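Check out this one - taselisib stuck to Phosphatidylinositol 4,5-bisphosphate 3-kinase catalytic subunit delta isoform.
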Amino acid sequence: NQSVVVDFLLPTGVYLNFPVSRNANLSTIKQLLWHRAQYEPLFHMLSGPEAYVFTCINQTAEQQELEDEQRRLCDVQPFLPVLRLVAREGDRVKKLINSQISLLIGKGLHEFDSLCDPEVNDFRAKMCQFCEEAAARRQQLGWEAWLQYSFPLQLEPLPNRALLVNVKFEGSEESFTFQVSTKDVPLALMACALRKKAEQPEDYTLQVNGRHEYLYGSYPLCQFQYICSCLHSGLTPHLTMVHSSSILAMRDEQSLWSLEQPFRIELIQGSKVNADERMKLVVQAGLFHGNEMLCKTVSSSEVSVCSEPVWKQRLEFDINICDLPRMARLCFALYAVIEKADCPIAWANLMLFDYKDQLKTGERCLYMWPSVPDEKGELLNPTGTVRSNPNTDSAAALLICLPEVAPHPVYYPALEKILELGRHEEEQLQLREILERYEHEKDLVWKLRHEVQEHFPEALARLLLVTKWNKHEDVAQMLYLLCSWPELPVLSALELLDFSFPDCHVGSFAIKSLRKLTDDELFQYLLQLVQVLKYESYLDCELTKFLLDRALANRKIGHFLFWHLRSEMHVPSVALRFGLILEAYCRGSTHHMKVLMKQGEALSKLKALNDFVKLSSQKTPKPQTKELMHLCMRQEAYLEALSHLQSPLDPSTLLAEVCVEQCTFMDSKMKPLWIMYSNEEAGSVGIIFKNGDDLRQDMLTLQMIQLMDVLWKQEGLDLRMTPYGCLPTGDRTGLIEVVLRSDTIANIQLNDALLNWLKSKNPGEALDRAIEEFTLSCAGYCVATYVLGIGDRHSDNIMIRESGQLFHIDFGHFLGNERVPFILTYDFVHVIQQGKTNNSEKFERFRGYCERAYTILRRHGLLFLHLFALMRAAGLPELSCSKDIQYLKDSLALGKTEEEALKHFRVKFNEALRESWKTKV
Amino acid sequence: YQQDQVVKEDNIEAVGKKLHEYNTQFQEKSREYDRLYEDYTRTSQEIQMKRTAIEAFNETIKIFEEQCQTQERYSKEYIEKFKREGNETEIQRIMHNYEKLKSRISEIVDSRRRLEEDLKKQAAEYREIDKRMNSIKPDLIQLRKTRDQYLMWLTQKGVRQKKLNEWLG
Ligand SMILES: Cc1nc(-c2cn3c(n2)-c2ccc(-c4cnn(C(C)(C)C(N)=O)c4)cc2OCC3)n(C(C)C)n1
């Protein structure tokens, strides 16, 4: 049914209850409300409708003042159909923003309040001010700078040829075409176009019409992606001149070390424990700093299984209180065991010091997380999150009590007091050897720790892992060095963000070395930096500050920061931490917050649309389902929601108008929607909304192919790759970019055959380009897939462009999940050789490409290891341990020398060429 | 003079046959666990949804409670000022309108009541899932450990990878 019985509460106490349409906007509902109110009592005392604002409880259980009344009721989605009239009162901006933030992040801000946590509250306080400060600061800045914030340049990482370009102005039918070289600076192009018949060109910027992409700054024409892209294909670029004042329009947005007592704890009780009555429950506890232990792990007695087991045991550890480091981590695991007259149930971690540097005391109820049996069946789970389980009413829990160490509370000493204690060849050969490539070796490194600082600055990580963090004297001495350690390259800092290095002083040094990062480079690692937040102990940290810093300085960064965080708000273990960051970003980015909302609603309608299509496919055939899919899209609320928004996959892309006849789905496993767009200002973009399946694995893969493409492009090797967009947006929900003019190899063969297909798409002269496009790309993807260990390759998951470019999709299995061999396909080799039996001149070039490609990836081998090492945080099944990282080590052959590497690669290559013929028969 | 008795069978085929049995049993239990773990996560997501839905019922009711408070304060003088200058109509319309508001609250309280019954019932399930997962773990871990011991035993005896694979996959 189309209508809803809505309850209306008037501010005279009077109550009305009449039906309205779900499609009706709030402004219309008010008119109808006032017409009905006439004939109800106390109407003479109301003001006009403009004096009042509707209020409702939205889907996040929060009150929302509905200030925009052009919005439809079905779009508001109140919990129950209940609207209350209230005064158009007070600071409506703050209230309106908080409501929109709650809806946007998919967590009500009140839930943060509900926790009654100082840490949460201090974070929200500090960061929201910090982000609001940046926002206000940003506003004052000029159009040039604001353009660089809003729409930062997209450049390629070199000949001097000449091809024409179309330039026009805003709100004008007439457009000018004229000649221009590849190596011109954009200022010169504007100056030329500005000669309209016979203003000044410095008060202008060139826009790529149809998309939010601008051309400006001290850079040549060909370094821009749009120009580079069009010049490769040969097409005329279509730019548009935009005035400086027109940009200002967009800009409109508004004591411990004395305590030599051994450390101990009181294990009181368990709660809501679900287990076999025959077994008996035990709790094992252990202290940790990072991965490594601080002392031996104690245990409890065998108490019999029940929901509410009681222990009341003084668990005393083999370590003093003064010995405990800053990031000391008490770690519980509850086990069900046989009496003996094992099953890990759950686990819980706990920081011994709190966020204000205070050693915790008194009762803590730790809400445990369930243990999942993995291959490495460890006693405890020290890598697991410190954050409590949010399922507090139903989840199991452990009640403990840290005893009172002293009458007055104790804090961990300040930097000044750490530096106080910190101040207090045959060795040169032995040390070098160890660091040039272990209980004996650790003590050597430790003794010579000052020589490491002076002569082996990059070996800082090693020195930290050799430090005895259980001894507090040692910890002082190591920090002393660290606070005057020389600044390391980005590559070293990336290693230092890993869970092995939990100390705040390490992380701070890590971030300090990462500030030299450019936005292009930072973006290349953004996914990894987000995952590392899951290792963080406290909410307020350097890494959050840094990510927010850069997200406010660059809108593209902000965009993908938002989506990475948003897409895991379903995950209990990060929902809180991520929720507070999303809030902070939104407060510092009120403008972009409007764009992200519009996207979220598109994604919400799509889910609902996909659910319908899933259900209909089982009932009815495809044609009727496709027809009924369009009907749902034709609806006013749907069409407007899906139309006119920046693409989540790329915010510079405009998804203007949905082509409903061109929209459909795909018979595939989770029936992904195929949505097609077009814009009359440009320019025919397509997306795939996939829901039910996880897209995180693909994104990572594509990220790494993109990085390879950059690494190769930096050596002057464009291998014509296609690192298409892929972005997880929610729980088992994402968008995939549709690459226009492309099909799978299976389909092209289903219609020898691959070669003929290229003839029809590249007649005469073009065909020579198409082969080169194929070869260059076939090389890059041959290497990429070998390195990353991407198995399961076949005709359905390899596609080819009409341009000639080959590319892979659906990277579900990777890192050999046994070694994937190197793979040359006869059908590809046949194209590479231009149809010939033997064309060794051409095949040698292709061999050269593969070698040069692979060589270059080894030169940046540690970059790949380090990044993957951080992605172990993401909890992907196929990337969860050292073995998965070892795959890359062996596939890039980093242990072997560069000469040894190439000889082995050739042997593999040759056997791939041998195997190519056998497979075909 | 070193011992560790673990493997039951003692010949390369009989052990490899047992490796095929234990691997199949491992993978089937893993599927049982993973299948329940979807139920756990889904039920956890659903239970939280029900919990915020209850907070929504609270915050709605709270709005109706505020409406009643207002109705009572606001209406006092009007009913008295219409008693004198005898408009008995306007008094009865107000009170009936108020009685209609009070009547609507009781429906929302019933609707809240039902959702609390669901969350109570689904909390019982959540625990039942978690109980079943914890009875499966020891078997699942024993099957992983056994499987690996047989693999190691056959690897020691020098059995080729080809023979190991056809027993596993
Ligand atoms: C995990 C995953 N990844 C993908 C995936 C990733 N891509 C595509 N699918 C993809 C699919 C079709 C197209 C395409 C373009 N034109 N045409 C047609 C109509 C044939 C044409 N030539 O007239 C098809 C382009 C594509 O873009 C590349 C990236 N899928 C899917 C299995 C759901 N699943």
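Each chain gets a letter, A, B and so on, in the order the sequences are listed, and its residues count up from 1. We count ligands from 1, going down the list as the structure has it; atoms in each ligand are counted the same way. Keep in mind that the numbers below use all heavy atoms, side chains included, and drop hydrogens, waters and symmetry copies.
Every other chain with a heavy atom under 4.0 Å from taselisib is listed here: A. Within chain A, UniProt domain annotation places most contacts with taselisib in PI3K/PI4K catalytic.
Binding site of taselisib, heavy atoms within 4.0 Å: A:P672, A:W674, A:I688, A:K690, A:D698, A:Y724, A:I736, A:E737, A:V738, A:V739, A:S742, A:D743, A:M799, A:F807, A:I809, A:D810.
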